[PDB]
Protein chains: 2
Amino acid sequence: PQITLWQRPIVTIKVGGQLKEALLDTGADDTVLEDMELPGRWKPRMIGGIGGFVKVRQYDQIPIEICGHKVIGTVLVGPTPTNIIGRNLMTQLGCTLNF
Amino acid sequence: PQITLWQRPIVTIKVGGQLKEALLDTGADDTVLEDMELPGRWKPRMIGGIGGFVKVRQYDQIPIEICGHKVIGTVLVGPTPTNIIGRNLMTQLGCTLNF
Ligand SMILES: CC(C)CN(C[C@@H](O)[C@H](Cc1ccccc1)NC(=O)O[C@H]1CCOC1)S(=O)(=O)c1ccc(N)cc1
């Protein structure tokens with residue numbers, strides 16, 4: 001699809017069998033989800049956002065279906081205003097910015 | 001242009017007489033630039049995300065040239081770690097996300 005930016009580019013994702021809304025966020029290097037249970041071991045990761053650097057949990061090779069497309073990659077979990085799909089997974093979708 | 005997302009989507013802008021680089025960010029509702037002088041009246045605002053919150057000054061109707069295209073809109077200024085072009089200016093470019 002082609003998504004304009006007059007509203008937030010919120011899409012529906014499926015992760016761990018649950019549908020959730022998430023924001024397609026080209027200013028986010030990584031994908032960060034609100035607290036949820038994910039499989040496997042995690043490791044610590046420090047990420048930078050608008051208010052500073054914060055430690056989150058990093059899970060690897062997590063499948064997510066975004067608009068019906070299946071991606072698999074690193075997902076971080078920690079405090080966040082919303083579920084954020086960053087460039088690590090948008091590149092798997094083939095997403096580009098166009099003007 | 002069509003900009004892929006393997007790297008951060010950084011472009012050159014010109015604002016308030018100053019040339020700088022900024023991030024095209026579909027996850028940012030409004031443009032926020034690192035602290036600088038802008039003309040005119042402003043209003044205090046708080047913006048929040050992964051760092052927590054930062055206080056900014058909101059300037060209205062500020063002209064910015066982005067990749068040579070002249071656009072106009074609200075510009076927030078404050079201690080952001082990076083210059084961010086948000087949706088409020090990306091729409092004026094006719095910028096879409098496509099996959
Ligand atoms: C978190 C989203 C919902 C909101 N932010 C936009 C995001 O793109 C934000 C932009 C950014 C890049 C690098 C350093 C600092 C900030 N990237 C971000 O945090 O990347 C993290 C999350 C995982 O990957 C790394 S914002 O900066 O808080 C924001 C809020 C309001 C306005 N008007 C403008 C900006």
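The chains referred to below are lettered A, B, ... by the order of the sequence lines, with proteins before strands, and numbering in each begins at 1. As the structure lists them, so they are numbered: ligands from 1, and atoms in each ligand from 1. FYI, side chains are in, hydrogens and waters are out, and symmetry mates aren't considered; it's all heavy atoms of this structure.
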At ligand 1 in this PDB structure, which drug or drug candidate is present? amprenavir
Largest contact partner of amprenavir in terms of the PDB entry: HIV-1 protease
Which chains, by letter, have non-hydrogen atoms under 4.0 Å from some atom of amprenavir? A, B
Just distances here: any N/O of B/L76 and N/O of amprenavir closer than 3.5 Å? no
Out of A/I84, A/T82, B/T82, whose heavy atom is nearest to atom 13 (C) of amprenavir? B/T82
By number and element, which atoms of amprenavir are closer than 4.0 Å to a non-hydrogen atom of B/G48? 28 (O), 30 (C)
Find all atoms of amprenavir within a distance of less than 4.0 Å from any non-hydrogen atom belonging to B/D25, and give their numbers and elements. 6 (C), 7 (C), 8 (O), 9 (C), 10 (C)
Look at atom 16 (C) of amprenavir and find which of A/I50, A/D29, B/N83, A/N83 reaches it with the closest heavy atom. A/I50
Are there protein heavy-atom neighbours of atom 30 (C) of amprenavir below 4.0 Å? yes
Which atoms of amprenavir sit under 4.0 Å from any heavy atom of A/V32? 23 (C)
I'm curious, which organism is chain A from according to the PDB? Human immunodeficiency virus 1
Suppose we measure from atom 5 (N) of amprenavir to each protein heavy atom; which comes out shortest, and what is that distance? B/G27 O, 4.2 Å
Which atoms of amprenavir sit under 4.0 Å from any heavy atom of B/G49? 28 (O)
Does B/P81 approach amprenavir within less than 4.0 angstrom via side chain, backbone, both or neither, non-hydrogen atoms only? side chain
Counting from 1, what amprenavir atoms have a heavy atom of B/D30 closer than 4.0 Å? 32 (C), 33 (N), 34 (C)
Residues lining amprenavir, heavy atoms within 4.0 Å: A/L23, A/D25, A/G27, A/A28, A/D29, A/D30, A/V32, A/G48, A/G49, A/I50, A/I84, B/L23, B/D25, B/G27, B/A28, B/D30, B/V32, B/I47, B/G48, B/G49, B/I50, B/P81, B/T82, B/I84
